[PDB]
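Here, darunavir is shown bound to Protease.
For reference, chains are lettered A, B, ... following the sequence lines as listed. Chain A is numbered as in the PDB entry; the shown residues are, in order, 1-99. Chain B residue numbers are taken from the PDB entry; in order, the displayed residues are 1-99. Read the numbers this way: they start at 1 and go in the same order the structure lists the ligands and their atoms.
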There are 2 protein chains.
Amino acid sequence: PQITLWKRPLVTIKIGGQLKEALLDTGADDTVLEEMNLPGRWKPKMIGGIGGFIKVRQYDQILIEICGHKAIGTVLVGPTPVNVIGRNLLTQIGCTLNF
Amino acid sequence: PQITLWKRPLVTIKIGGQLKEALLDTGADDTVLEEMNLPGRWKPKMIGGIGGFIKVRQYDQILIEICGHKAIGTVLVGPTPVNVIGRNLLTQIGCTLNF
Ligand SMILES: CC(C)CN(C[C@@H](O)[C@H](Cc1ccccc1)NC(=O)O[C@H]1CO[C@H]2OCC[C@H]21)S(=O)(=O)c1ccc(N)cc1
């Protein structure tokens, strides 16, 4: 589809057998999701933006479905104010910016 | 143009007669630039990101050219980790997400 930017580009995703809402975020290097109890091992990481850094748990090779498009890759989990699908997964669904 | 997301969607912008590099950021409502001298009146404001809130100077109705596309709108100046072009200007240059 085509998504205009009048409002936040929020879409439904499916991750770990759960449905959530997330932003399609071209400004996010990596996908970051609200606190959720995913199984498997993980690695500590800190990610920075406006306001400073938050601590997140890095899970690798996580399957996510974004508008029926499947992708699998890194998912960071932590106390983020919003769920963002970052470029690491946006590339996998064929997402481009166009003007 | 059509911009893929294998690397950061960085573009050259012109603001206040100066060239700068900036990130096309669909997850940003607003446009936030690093500390710089901008001609015009400004008001102090707060803006919140992934790591908390920062103090910015709000400049209204500023001319800004993004990759050869003119916009006139609000620009926030403050200690952002990187220059981000948010939706308030992305809409003006006709930017959409497509997949
Ligand atoms: C600042 C960017 C270079 C990086 N950010 C993505 C960006 O889209 C955030 C994503 C975002 C969105 C909402 C809340 C927090 C973070 N937007 C943002 O900070 O925008 C602010 C300016 O406009 C306002 O509108 C939203 C917040 C304000 S980030 O959230 O900090 C981030 C950093 C690293 C990763 N892997 C993922 C995300």
So, about darunavir - where is that in the structure, copies and all? ligand 1
Which other polymer chains sit within a heavy-atom distance below 4.0 Å of darunavir? A, B
Which chain positions lie within 4.0 Å of darunavir by heavy-atom distance? A/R8, A/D25, A/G27, A/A28, A/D30, A/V32, A/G48, A/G49, A/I50, A/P81, A/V82, B/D25, B/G27, B/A28, B/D29, B/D30, B/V32, B/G48, B/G49, B/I50, B/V82, B/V84
Give the residue and atom name of whichever protein heavy atom lies nearest to atom 35 (C) of darunavir, and the separation in Å to one decimal. A/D30 O, 3.7 Å
Mark up the atoms of darunavir that fall under 4.0 Å of a heavy atom belonging to A/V32, in ascending order. 35 (C), 36 (N), 37 (C)
Among protein heavy atoms, which lies nearest atom 10 (C) of darunavir, and at what distance? A/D25 OD2, 3.4 Å
Which residue and non-hydrogen atom of the protein lie closest to atom 30 (O) of darunavir, and at what distance in Å? B/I50 CB, 3.5 Å
What protein heavy atom sits nearest atom 21 (C) of darunavir, and how far away is it? B/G48 O, 3.8 Å
For atom 38 (C) of darunavir, which protein heavy atom lies nearest, and how many Å away is it? A/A28 CB, 3.6 Å
Taking distance alone, with no angle check, do B/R8 and darunavir share an N/O pair under 3.5 Å? no
What's the shortest distance from atom 3 (C) of darunavir to any protein heavy atom, and which residue and atom give it? B/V82 CG1, 3.5 Å
Source organism for chain B according to the entry? Human immunodeficiency virus 1
For atom 24 (C) of darunavir, what is the closest protein heavy atom, and at what distance to 0.1 Å? B/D29 N, 3.5 Å
Which residue owns the protein heavy atom closest to atom 4 (C) of darunavir, what's the atom, and how far is it? A/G27 O, 3.5 Å
